Asker: 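Here is a complex structure; among its components: hydrocortisone.
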Amino acid sequence: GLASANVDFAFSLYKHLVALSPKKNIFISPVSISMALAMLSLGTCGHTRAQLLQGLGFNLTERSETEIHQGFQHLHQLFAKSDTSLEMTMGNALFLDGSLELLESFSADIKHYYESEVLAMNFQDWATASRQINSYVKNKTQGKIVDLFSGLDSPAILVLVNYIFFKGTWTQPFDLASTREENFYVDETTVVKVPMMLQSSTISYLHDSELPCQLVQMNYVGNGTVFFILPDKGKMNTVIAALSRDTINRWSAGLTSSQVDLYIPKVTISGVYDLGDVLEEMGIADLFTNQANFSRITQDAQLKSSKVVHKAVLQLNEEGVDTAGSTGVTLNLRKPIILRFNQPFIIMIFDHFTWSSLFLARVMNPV
Ligand SMILES: C[C@]12CCC(=O)C=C1CC[C@@H]1[C@@H]2[C@@H](O)C[C@@]2(C)[C@H]1CC[C@]2(O)C(=O)CO
């Protein structure tokens, strides 16, 4: 199923990304990356197609591709539904150079399954081109995601874009008057001052006995839900390595209503990731080679993928969360329990309804 494959991609992408930069704050939106690369797969063939879909985790021996795109159409559709549009939006776009014309079926497919806009662009003028697209993404994410492509790209004739924006409200908001500056212990040799939020509430709590960590689950107004995982000091990678469907399943069953003095910091983090190295570690490599099969994009031209970029922002306050994420792919011609989050921790934001991993975080430093 889609929900299982997507989250396994989420955790796998997360684990691999964690290993590449062990001191940086890590914040990503897995569903954005999965929908974008799946939309890209519509224009791929041969070994490139098979390798991509397999990297996203779908078994193309027990599952058709139409089913997959039918699967992402269903999610894209559900993240439009009236009761979630106010708090969540997701969308796709295709930017195309005038020298190229899409095959009827490709442009028809991206419009049917992904509701993608296809917009003409003059890529010969890349300064203008990255300006048009960055603002487009800027606007679609209400200004949270700024300058997605940056000046350090060689020009490219096709750009596939996906964006996600999410604004949730705590069912149990933190106490506004209670926020104070506390110590957040970043390393054994690095200490920072951070705004620490506080609430004393009945909260879902679990001290894990099989893993060196403690965790809480909080819901948002709507269908949003979030996990906060605090590993024991120096056990961050043991908890990350254990992140799977089986662990969160075991956690959900273990979470019990408890009295908690909950201290979480006001996190404002962002991250920019070239997912080239990350994706090829996951086995998605043919896209970038001069043997790339993009024959379903257009009739005549050989296309390869030049760049895959993800950008995401996180804001945490007493009232809620404000998150945004974007992926782009460039193609070229071939008694109360005291729980204190004053050290590195994990954030996992999910949707109760679809189980889509919306946002994953490794907070090394919350400032
Ligand atoms: C592994 C699980 C169930 C089987 C599956 O194919 C995929 C997933 C990924 C998301 C998990 C889900 C269930 O376990 C319940 C979870 C943890 C959910 C994310 C949010 C959670 O729904 C809950 O909030 C339940 O309280």
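Using the PDB entry numbers, chain A covers 16-349, 351-383, in order. Just the heavy atoms: all of them, side chains too, but no hydrogens, waters or symmetry mates, feed the values below. As the structure lists them, so they are numbered: ligands from 1, and atoms in each ligand from 1.
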Asker: Which macromolecule is the chief neighbour of hydrocortisone by contact count, per UniProt?
Answerer: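 Its main partner is Corticosteroid-binding globulin.
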Asker: At a 4.0 Å heavy-atom threshold, which residues contact hydrocortisone?
Answerer: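 Heavy-atom contacts: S19, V22, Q232, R260, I263, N264, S267, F366, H368, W371.
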Asker: What organism is annotated as the source of chain A in the entry?
Answerer: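 Per the PDB, it's Homo sapiens.
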Asker: Of the residues in chain A that UniProt says bind cortisol, which ones have a non-hydrogen atom under 4.0 Å from hydrocortisone?
Answerer: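 Heavy-atom check against UniProt gives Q232, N264, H368, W371.
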